[PDB]
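Reading through the C-alpha cells given below for one structure.
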There are 2 protein chains.
Amino acid sequence: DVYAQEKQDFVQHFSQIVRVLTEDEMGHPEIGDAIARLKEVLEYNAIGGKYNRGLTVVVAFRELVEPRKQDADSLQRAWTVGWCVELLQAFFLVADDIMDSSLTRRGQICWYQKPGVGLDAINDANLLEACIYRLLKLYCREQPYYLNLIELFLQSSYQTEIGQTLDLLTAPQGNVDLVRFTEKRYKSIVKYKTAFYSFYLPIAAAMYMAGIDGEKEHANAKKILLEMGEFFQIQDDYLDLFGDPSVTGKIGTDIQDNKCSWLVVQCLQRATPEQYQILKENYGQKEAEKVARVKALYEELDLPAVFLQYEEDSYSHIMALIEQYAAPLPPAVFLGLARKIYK
Amino acid sequence: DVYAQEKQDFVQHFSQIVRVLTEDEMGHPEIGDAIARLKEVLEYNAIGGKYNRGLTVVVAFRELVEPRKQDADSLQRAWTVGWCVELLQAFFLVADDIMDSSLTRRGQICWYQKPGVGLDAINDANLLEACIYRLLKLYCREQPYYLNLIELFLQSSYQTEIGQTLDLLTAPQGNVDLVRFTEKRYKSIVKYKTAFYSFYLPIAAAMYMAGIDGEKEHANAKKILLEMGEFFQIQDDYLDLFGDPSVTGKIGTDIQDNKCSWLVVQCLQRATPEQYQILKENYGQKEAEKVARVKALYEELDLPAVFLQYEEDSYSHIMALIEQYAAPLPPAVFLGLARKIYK
Ligand SMILES: O=P(O)(O)C(O)(Cc1cccnc1)P(=O)(O)O
Ligand SMILES: O=P(O)(O)C(O)(Cc1cccnc1)P(=O)(O)O
Ligand SMILES: [Mg+2]
Ligand SMILES: [Mg+2]
Ligand SMILES: [Mg+2]
Ligand SMILES: [Mg+2]
Ligand SMILES: [Mg+2]
Ligand SMILES: [Mg+2]
C-alpha cells in the first residue's frame, strides 16, 4: 500500500514541525508561555488521526514529480505541505466541536471540554490556522509555487467557512423544520463544508508543487475529487449514528443538533405521513429516548441498506469519472485515494 | 484635520466592499443563504467605530505617495486595504467578546449575545478573516506589493493571537494569583495583543504600497508605533473601569475576568499588605459589590491621577522618538496619529 509506505517518514516529520514552530521562543523568551501552549495544542489536536489528507499530498507528489527531482529538500517541503493540510483540518475540527457541542474526538475528550480550556479554545484554533502560513513561509518562500499554495489554502478556508455557515443555518437549535432538509440543500452543504478542503486541496497542492498549474487540469481533477468528497461526508453522516464510537473515535450528535444529515434527507424521501410525524416530534432534541426513536425509525426504513447500495453506485460512478477525467495525470493518484475511502 | 478630510470617501467605499464580496452569489446561487449571513455579519460588526485604524492607511498613503501617483485606481486600493485593517479588527473583536464574556460593543449587544447567534459567531469571525484575503486578491493581485501585504496581514494575525494567548493564560478564571501581574508581563501582553495590529500594521501597509520595503525604515517605524500601541492599551484598560459606557460603547469586564490590567499592576506596586488583602479577596469575581470594592481601592490610591501623569510622560516620550526615528518618512504621518490617540 502506497500510503503505508510513506506514513512513517511523514509522521516522524511532525517532530521537526513542532521544533521549528517553537524556535520562535529562541529570540523572544517573553512569549515562552504562549509557545508552550501552542505546543500543547499541536500535540493534542494534530496527532492521532489516520493522516489520510496529509499523506495524500506526499503520495501524489511522489507520483507526479520525476524521481530525479525528489531530492531530500523537495521531500521535506512535501511532508511540510502535508502537515499544513492536517493543521487546516485541526483548525476546523477544534471550532466545529464547540459549535456542534461534541464530547469526544479521536478517542479523547474534545479540546474545549478539557478542564481549564473552555472557550479559550477559540483562540487556540486560530493559532493552528496561523501555523499553516508560518510553515509555508519557512519552507517554501523561495519556490515558484509559493503564492499558488498561499492562495489555495486561503481559498479552501473561505469555501469551508461558507459550507459551515450553510451547515449551521440549516440546523437552527430548537427549531425543527423538516422542509429545509432536501437533497439539493444537502449536496450544496457538503460540497462547501467538506469536499474542497478534504479532497481537492491535498491533490491540488501536490499539482502546484509539480508545476501543474493549468486551469484545465485543475478543473478535471475537481470533477473527480468533489464527487469523492460528497461520498466521504455521506459516510461521515452514516457513521455518526451507525458507527462504533471506539472505531470512529467520536460520539455522534447530528440528531440532537438538528442537522441536515444524509440520513434525515433519505428518511424524508421514504416516510409515510405517520413516520414523518414521529420524526418531527423527536428530531433535534437532547433526550436519549427521543434520539433512540429516530434511530429505530431509520432501521425500520432500512437506511443501512440504502447506504450500502449508495456506496456501490458511488464507487462505480467515481471510477467512470476517473476513466474520463484523469488524463494527463496518472490514474493511480485517484485510484489509490479511492481505495482508501471506499474500502 | 487630515483624518476628517478622508473619512467620508473612506466610509462610502464600504458599500463597494459589501457589493463585491456578495457578488460571489452571482455565479453560485446555492450559497445565497450564506452570502446573506456574511452581509449581516459585516454590517453589524465592521460598521460603527471611529475607523482610526483603517483611516490611518489612507492618511499615510496620501502623505507617502507622490500626488502624481494618487490616481482613482490607487485610491480605491488604499480604501480597500484600509477596510481590510478594519475587518481584521472585527475578526479579533467578535472572538474576543466571546472569550471575555462581554455584553456590549459599539453601543449594541455583542454579536454572540444576539438571540439566534450564540457560538455560531465563531464561524462568523473566521469568515471576516477570510474576507480580508478575498479583497486583497480582487484589488491588489497585480500590484508589486501584493505578497508583502499578504505576509503582513498573516504575520500581524499570528502576533495578535500570541498576545491573546498571553492575555488568557495570565487571567485564568476562578484562580486569583496576583504575583503574576507584573509590569514586565503586562508590557509583553500588550505589545503582542494590541500594538502590532493596531499601530504597526496600518502604517506598514501604506509603506509597502508606496514602495518603502526597507528593513531599516520598517524597524524605525516600529520603534515609534509599538510604543504608541502600549499607551493605547493602557488607556483601554483605564477606560474599562473609569470610562463612561455611553462614550466607550462597551461595558467593562477586566476585574470580573481576572485580567492583568494596567490598573491592577499599578495598584500592586502601591498597595499596603492590608490593601493587597482586599484586592486578593475581591478581584476576579462576578459579584457587583466585590467589583465596587476594587474600584474604591483604585480611587483610594489615586490611580486616575497616576494615569494622567503617565499620559503626559508617554506623550513626551513618543514625541522624542518621532524626532529620532521618523526620517526619512514625514514626521506628519506620526504626529497626526499621535494627536488622534492622545487628545
Ligand atoms: O468530524 P465531524 O464532527 O462528524 C464533521 O465531519 C467535521 C467537519 C468539520 C468541518 C467541515 N467538515 C466536516 P461534521 O461536518 O461536523 O459532521
Ligand atoms: O475592546 P476590548 O474588549 O477592551 C480589548 O481592547 C480588545 C482587544 C482584542 C484583541 C486584541 N487586543 C484588544 P481587550 O484586550 O479585550 O481589553
Ligand atoms: Mg462536527
Ligand atoms: Mg459540524
Ligand atoms: Mg459528522
Ligand atoms: Mg475584550
Ligand atoms: Mg480580551
Ligand atoms: Mg479592554
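By convention here, the chains are lettered A, B, ... following the listed order of sequence lines. Heads up, chain A uses the PDB entry numbers, so what you see runs 8-350. Throughout, chain B uses the PDB entry numbering, with the displayed residues spanning 8-350 in order. Numbering of ligands and ligand atoms starts at 1, following listing order. As a basis for the values below, the full set of heavy atoms in this structure was taken, side chains included, without hydrogen atoms, waters or symmetry mates.
The chain in largest contact with ligand 1 bears the name, in UniProt, of Farnesyl pyrophosphate synthase.
The option from risedronate, methoxsalen, amiloride that is found at ligand 1 is risedronate. With a cut-off of 4.0 Å on heavy atoms, the other chains touching risedronate (ligand 1) are A.
Backbone and side-chain nitrogen or oxygen atoms of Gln171(A) are examined, and none is located within less than 3.5 angstrom of a nitrogen or oxygen of risedronate (ligand 1).
For risedronate (ligand 1), the atoms sitting less than 4.0 Å from at least one non-hydrogen atom of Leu100(A) are 7 (C), 9 (C), numbered in the order shown with element in parentheses. The shell of residues lying under 4.0 angstrom from risedronate (ligand 1), judged by heavy atoms, includes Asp243(A). For chain A, the UniProt dimethylallyl diphosphate-binding residues having a heavy atom under 4.0 Å from risedronate (ligand 1) consist of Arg112(A), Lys200(A), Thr201(A), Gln240(A), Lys257(A).
By the deposit information, the source of chain A is Homo sapiens. Nearest residue to atom 3 (O) of risedronate (ligand 1) from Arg112(A), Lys257(A), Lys200(A), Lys266(A) is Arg112(A) (criterion: closest heavy atom).
Close contacts of risedronate (ligand 1) with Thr201(A), meaning ligand atoms under 4.0 Å from a residue heavy atom, involve 12 (N), 13 (C). Neighbours of risedronate (ligand 1) among the ligands and ions, at a cut-off of 4.0 Å: ligand 3 (magnesium ion), ligand 4 (magnesium ion), ligand 5 (magnesium ion). In this structure, the binding site of risedronate (ligand 1) at 4.0 Å (heavy atoms) is formed by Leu100(A), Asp103(A), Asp107(A), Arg112(A), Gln171(A), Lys200(A), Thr201(A), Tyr204(A), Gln240(A), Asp243(A), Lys257(A).
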